[PDB]
Undergrad: 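Hi! Got a PDB file here: olaparib bound to Poly [ADP-ribose] polymerase 1.
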Amino acid sequence: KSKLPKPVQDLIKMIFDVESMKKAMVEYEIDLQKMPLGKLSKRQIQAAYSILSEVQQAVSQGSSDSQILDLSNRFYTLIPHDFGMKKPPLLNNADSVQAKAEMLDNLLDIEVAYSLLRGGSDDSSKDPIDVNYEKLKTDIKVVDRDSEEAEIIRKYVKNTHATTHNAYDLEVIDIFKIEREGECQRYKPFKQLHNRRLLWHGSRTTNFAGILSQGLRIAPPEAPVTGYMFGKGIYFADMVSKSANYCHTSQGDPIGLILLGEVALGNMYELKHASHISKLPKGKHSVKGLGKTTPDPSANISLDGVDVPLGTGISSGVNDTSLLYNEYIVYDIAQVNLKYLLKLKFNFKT
Ligand SMILES: O=C(c1cc(Cc2n[nH]c(=O)c3ccccc23)ccc1F)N1CCN(C(=O)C2CC2)CC1
């Protein structure tokens, strides 16, 4: 039996759950008989990303719906969808491109989780929880409830929950201090860079085995840049509820996982509307999506020399913007240093 803490053990079980991976694929209307978990490959997802990038071209250049039909069908050939003997819905718009790009982002993380679980070594004498924990190459420790860092994190959760996200309230079950192998060494060029903030990153439970082993990555070159609001980068939020929406929890699965990462933002490229950029303008290290609401800047605190915007939501004074809340995007994976992993219970009030 495993000597790991019970919350650490429950975390491993949750992220390496094969049925949850299958459930996530079903959600994206994938045909599991034509394409099960085992048949998924980095190559197939990449080829589908490229076919989606072709759909991105047809939509923008106002191509005929009879020319988009073959591009749409090609995507379904690479990624089989559950429609049986019926014709599948037409991928002829930017929304369909975005939705299928999000699916492929998840499939790429699900593939990493499954390859980890099916690769390596099988040993009956060792606890399967301990074996799977080692595969993540991440030091996971339980943060003591009565510690100052736990009080800071709980205040951050409590204060940055938005009114427009009141269909549920949030309960912090566990706070994990995480240390990805080699990540501190990778973050070294940006360790002293100004504007370093502790920000939120919400994702589906089925993506965390991929996130903890490989780190938060950027969508591949094959991915359609127009399917990403501020281009292919790593997205963060200063509001817990904005990130918590990306946990994709329901009444049937109310437990989610959220990250707290130290992001070296530096000189921010402040944007109000969609900008599908491949590269940042000279002298800029990040993009700040200007939201209508911002945490109180006077209420900012410093946890290990890192700014924690745990202030309650106040008006930013930003007019004519497509965002209700701020977002932060970095375009170099070395600019992120993951600090905490939170297990949350979503108490749906609907
Ligand atoms: O951060 C994002 C991302 C997230 C989102 C949604 C989102 N998800 N989670 C958040 O906490 C968040 C905060 C503010 C704004 C958006 C978000 C949209 C586009 C994105 F490129 N990534 C895209 C998916 N990722 C990948 O590694 C894909 C598999 C190759 C991780 C990085």
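All chain A residue numbers match the PDB entry; in order, they span 662-1011. FYI, side chains are in, hydrogens and waters are out, and symmetry mates aren't considered; it's all heavy atoms of this structure. Atoms within a ligand are numbered from 1 in the order they appear, just like the ligands themselves. Structure method, as recorded: X-ray crystallography, 2.2 Å.
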Undergrad: Could you tell which UniProt active-site residue in chain A is nearest to olaparib and give the heavy-atom distance to 1 Å?
TA: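 Nearest UniProt active-site residue and heavy-atom distance: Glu988, 4 Å.
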Undergrad: Which residue and atom name correspond to the protein heavy atom nearest atom 29 (C) of olaparib, and how close is it?
TA: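 Of the protein heavy atoms, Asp766 O, 3.3 Å lies nearest.
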Undergrad: May I ask you to identify, for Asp770, whether its side chain, its backbone, both or neither come under 4.0 Å of olaparib on a heavy-atom basis?
TA: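 The side chain, only.
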Undergrad: For olaparib, is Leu877 a contact, meaning one of its heavy atoms is under 4.0 Å away?
TA: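 No; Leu877 lies far enough from olaparib that no heavy-atom distance drops under 4.0 Å.
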Undergrad: Please indicate whether any nitrogen or oxygen in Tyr710 is less than 3.5 Å from any nitrogen or oxygen in olaparib.
TA: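 Between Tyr710 and olaparib, no N or O pair is found under 3.5 Å apart.
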Undergrad: Does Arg878, backbone or side chain, put an N or O under 3.5 Å from an N or O of olaparib?
TA: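 Looking only at distances, the answer is yes, because the N/O contact criterion of under 3.5 Å is met.
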Undergrad: Considering only protein heavy atoms, which is closest to atom 1 (O) of olaparib, and at what distance to one decimal place?
TA: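 The closest one turns out to be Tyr896 N, 2.8 Å.
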Undergrad: If the contact criterion is a heavy-atom separation under 4.0 Å, does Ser864 count as touching olaparib?
TA: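 Checking olaparib against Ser864, which is what was asked, there is no heavy-atom contact under 4.0 Å.
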Undergrad: Does any N or O of olaparib fall below 3.5 Å from an N or O anywhere on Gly863, backbone included?
TA: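 In this structure, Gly863 places an N or O atom under 3.5 Å from an N or O of olaparib.
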Undergrad: Would you mind pulling out the UniProt NAD(+)-binding residues of chain A that have any heavy atom less than 4.0 Å from olaparib?
TA: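 Checking heavy atoms, the UniProt NAD(+) residues near olaparib are: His862, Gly863, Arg878, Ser904.
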Undergrad: What's the shortest distance from atom 22 (N) of olaparib to any protein heavy atom, and which residue and atom give it?
TA: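 So the nearest neighbour among protein heavy atoms is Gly894 O, 3.6 Å.
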Undergrad: Give the residue and atom name of whichever protein heavy atom lies nearest to atom 8 (N) of olaparib, and the separation in Å to one decimal.
TA: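 Its nearest protein heavy-atom neighbour is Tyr907 CG, 3.3 Å.
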Undergrad: Hey, quick one: which UniProt domain of chain A is doing most of the touching with olaparib?
TA: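 Chiefly UniProt domain PARP catalytic.
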Undergrad: Please classify the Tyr989 to olaparib contact at 4.0 Å (heavy-atom distances, strictly less than): side chain, backbone, both or neither.
TA: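 Near olaparib, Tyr989 shows nothing, with every heavy atom at 4.0 Å or more.
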Undergrad: Applying a heavy-atom cut-off of 4.0 Å, say which part of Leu769 lies close to olaparib: side chain, backbone, both or neither.
TA: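 Side chain only.
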Undergrad: I'd love a list of the residues lining olaparib within 4.0 Å - heavy atoms, by chain and number.
TA: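 At that heavy-atom cut-off, the site is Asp766, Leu769, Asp770, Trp861, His862, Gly863, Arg878, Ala880, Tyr889, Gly894, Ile895, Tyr896, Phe897, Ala898, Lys903, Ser904, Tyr907, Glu988.
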